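Here is a PDB entry that includes JMB2002.
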Amino acid sequence: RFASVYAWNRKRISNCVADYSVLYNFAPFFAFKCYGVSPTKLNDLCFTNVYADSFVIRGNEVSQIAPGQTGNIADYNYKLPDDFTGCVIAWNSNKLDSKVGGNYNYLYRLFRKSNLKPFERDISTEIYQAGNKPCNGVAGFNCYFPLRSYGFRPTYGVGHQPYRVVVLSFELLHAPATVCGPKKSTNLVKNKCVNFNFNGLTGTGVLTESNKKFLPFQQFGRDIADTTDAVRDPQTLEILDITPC
Amino acid sequence: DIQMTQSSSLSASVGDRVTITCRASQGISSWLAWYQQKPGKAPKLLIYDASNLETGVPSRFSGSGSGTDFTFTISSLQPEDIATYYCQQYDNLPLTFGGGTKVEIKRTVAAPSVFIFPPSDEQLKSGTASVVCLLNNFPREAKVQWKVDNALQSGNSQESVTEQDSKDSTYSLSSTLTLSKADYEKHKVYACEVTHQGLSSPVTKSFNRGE
Amino acid sequence: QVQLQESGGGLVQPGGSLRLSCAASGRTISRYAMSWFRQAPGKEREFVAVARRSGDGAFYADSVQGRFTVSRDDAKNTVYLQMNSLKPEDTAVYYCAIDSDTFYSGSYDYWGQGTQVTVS
Amino acid sequence: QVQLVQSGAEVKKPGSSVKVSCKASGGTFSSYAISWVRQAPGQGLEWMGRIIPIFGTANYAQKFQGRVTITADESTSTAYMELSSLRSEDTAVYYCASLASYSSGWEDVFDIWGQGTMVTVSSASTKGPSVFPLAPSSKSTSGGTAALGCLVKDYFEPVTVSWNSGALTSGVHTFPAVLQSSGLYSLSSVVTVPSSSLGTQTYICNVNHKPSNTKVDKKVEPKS
Ligand SMILES: *[C@@H]1O[C@H](CO)[C@@H](O)[C@H](O)[C@H]1NC(C)=O
């Protein structure tokens, strides 16, 4: 079961190993677009959190699922932020959701009082007000039920066939990270020019025992110009200084 | 068109595990539900997704299967399970339901209380006669036949079986012959002989003209 | 419907058994299994023994230790035993039945006659 | 919170049209969807049609189109059902249930159900029953028990047959509804009582038919 484009589902993924290979190697994923990240590199990265949003929409309507797009969905049902980093995965669902003159459970909002904000979600289905006349019950021009169903008929073409979509939103700052990929750790090397990959931060330099008092809530240290001056090991939590060879 | 077949009647005692399946000709995309219902009453929905129970039903009820097959299961029967259950398909618009499997609380067999009574003068003076044969507190199958004038006759009585008794899981078959006063006075003896899944012999009970 | 009749007796000494000599009529009882069950006051029917077509004797439950070896001779539609006559503990009422599934071992019974017994 | 209530029972002639509806109580008429499903005596549930009051979309089963028509409104907040040219086989109970597949990723199942509307088709009309007692012979006594009978025929359809003003319930054997060739129904109740009571203790059988608002009480008497 997948939710409608309005009142879409949201699942938080944290504290686990993300094996994106089993996700990419799926056949029915006919559309797989990522922003700010390449699918081949997902297995080597680590994020601070992951949010999976799922819903069903028309076929060509999937073009509205992208940063800064315009349209019914992108404006009143589900809007992605301009700085979105993640992936949008879609696959056909005619064998699952389509019914001849049926499948009313999938709906979308046609109009709204104002444009929906990024990652917003309006659970209520109150009737839009027309203004020129009082509207307490059902009414005409502007006071129609805001939701209307797709009614996925198998006779419809690809332009109106049901497509199942799930958007993977990744937060990619450097705060406590917990969704790293299947990469394997390696014994630490100190006092030698070594290439390091600390919880996703990749660089080169010599690692030395730190002498600065990191507070228990801090995980990284920076000099002028965002230069990472220190880092704490995600395994033994010891603070290490980074100096260019 | 899409159809299904539940596989029809069951009997189980409190505590045991029972399983039922509703086959189909084409793979249902996990769009199958199961209802609880007393015969001839508003059903109650138990399973709507193949692996998700609704609010209010205990975990005692369960189900499994996917695609072109499914299996409804009760991990343990209880006296509240005296009812029929219906497998429902909702993969397409032309909604259809199953025939309905019925599970009966199982209390072991018992011998029937067999009886008879001839018609009264109130029935006789109206130009007709009637004789009621009885089977009380006994599984469900049984048969009644008549041997008026010592010869075999059949196809002249109404057989009706009662729903299961919740006190001892027994049944009751009440039957009645109905013929004319001419047919009543024609034969020198009217006799009912009762057959039953458990009985020593055809239980013979008869009367004569006067009595 | 099918007919099932009862025969037995022959009390020689209190050895401990029940002289089942069930019989049938009006059906090819070779197509079905013949079983027998007991009924104690306030007790449900318990599977005691069954005369299967395997021909290796009887299949019985642990409740009867060594006192029942039911067998059949379908050419005469009758059951036969080899054990002693009776004892007080086995005086509980008995019932003889056939299994209505074709060659199956599951219990779905149609039973016949029976009588009472007693011994010192 | 949502709950449904249906109309009462109905009885009409074959070939006519029968009208039945169900109130869309609870929640709102806009957030509700109704669907009608048939259940015939001796058969499981069977679909009739679906209607979404707010969307106005409706459909029928491939064997009841035209024969069945569905309508709904908001001023009354109910789904209207009309069955035309009804056969004699159309004697059945119709249900009105909630269609969950209408909103928010639910599916085509029925979470809320109404009571039920019984529609019967016969040539007879609503009239009282005909009742008469039994008359067993003394030698019918067996094992300390004796039977007592009370029969009802030519009635039109619940008939409550009670013994000892309903004070007796042990051993009650009752008929299911059986119809005769004359378009009339019949029901009989027979009870098992101590044999020594027959003739010594007084027993009476009573009958009631609510549709016609009538009662009948009769005394049973042996004869030899
Ligand atoms: C991770 O595992 C290594 C080796 O098993 C161990 O030395 C280290 O303390 C562990 N770190 C945490 C945070 O569990």
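Each sequence line gets a chain letter, starting at A and going down the list. Shown for chain A, in order and in the PDB entry numbering: 346-590. Numbering, chain B: per the PDB entry, residues 1-7, 9-139, 141-213 in sequence. Numbering, chain C: per the PDB entry, residues 10-129 in sequence. Here the PDB entry sets the residue numbers for chain D, with the shown residues being 1-156, 158-225 in order. Only a slice of the deposited entry appears, and the contacts counted are all within that slice. Structure determined by electron microscopy, 3.3 Å. Just so you know, these numbers use all the heavy atoms, side chains as well, and skip hydrogens, waters and symmetry mates.
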- Where, by number or letter, can JMB2002 be found in the structure?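 That would be chains B and D.
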- Task: Look up in the PDB entry the name of the chain making most contacts with JMB2002.
- Result: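 Most heavy-atom pairs under 4.5 Å are with Spike glycoprotein.
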- Message: Looking at JMB2002, which other chains have a heavy atom under 4.5 Å from it, would you say?
- Response: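 Other chains, by heavy atom: A, C.
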- Message: Okay, heavy-atom pairs under 4.5 Å with chain A - which chain of JMB2002 has the most?
- Response: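 The heavy-atom pair count is highest for chain D.
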- In which UniProt domain of chain A do most residues touching JMB2002 lie?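 According to UniProt, mainly BetaCoV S1-CTD.
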- Origin organism of chain A per PDB: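 The PDB lists Severe acute respiratory syndrome coronavirus 2.
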- What name appears for chain C in the PDB entry?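 In the entry: Nanobody.
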- Message: Hi! Which residue numbers on chain A are in the epitope of JMB2002 at a heavy-atom distance under 4.5 Å?
- Response: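 The residues with a heavy atom in range are A:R346, A:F347, A:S349, A:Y351, A:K440, A:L441, A:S443, A:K444, A:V445, A:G446, A:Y449, A:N450, A:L452, A:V483, A:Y489, A:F490, A:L492, A:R493, A:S494.
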- What is the paratope of JMB2002 towards chain A if a heavy-atom contact means less than 4.5 Å?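 Residues of JMB2002 in heavy-atom contact: B:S30, B:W32, B:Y49, B:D50, B:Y91, B:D92, B:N93, B:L94, D:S30, D:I52, D:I54, D:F55, D:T57, D:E74, D:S101, D:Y102, D:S103, D:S104, D:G105, D:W106, D:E107, D:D108.
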- Task: Provide the name given to chain B in the entry.
- Result: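 PDB name: Light chain of JMB2002 Fab.
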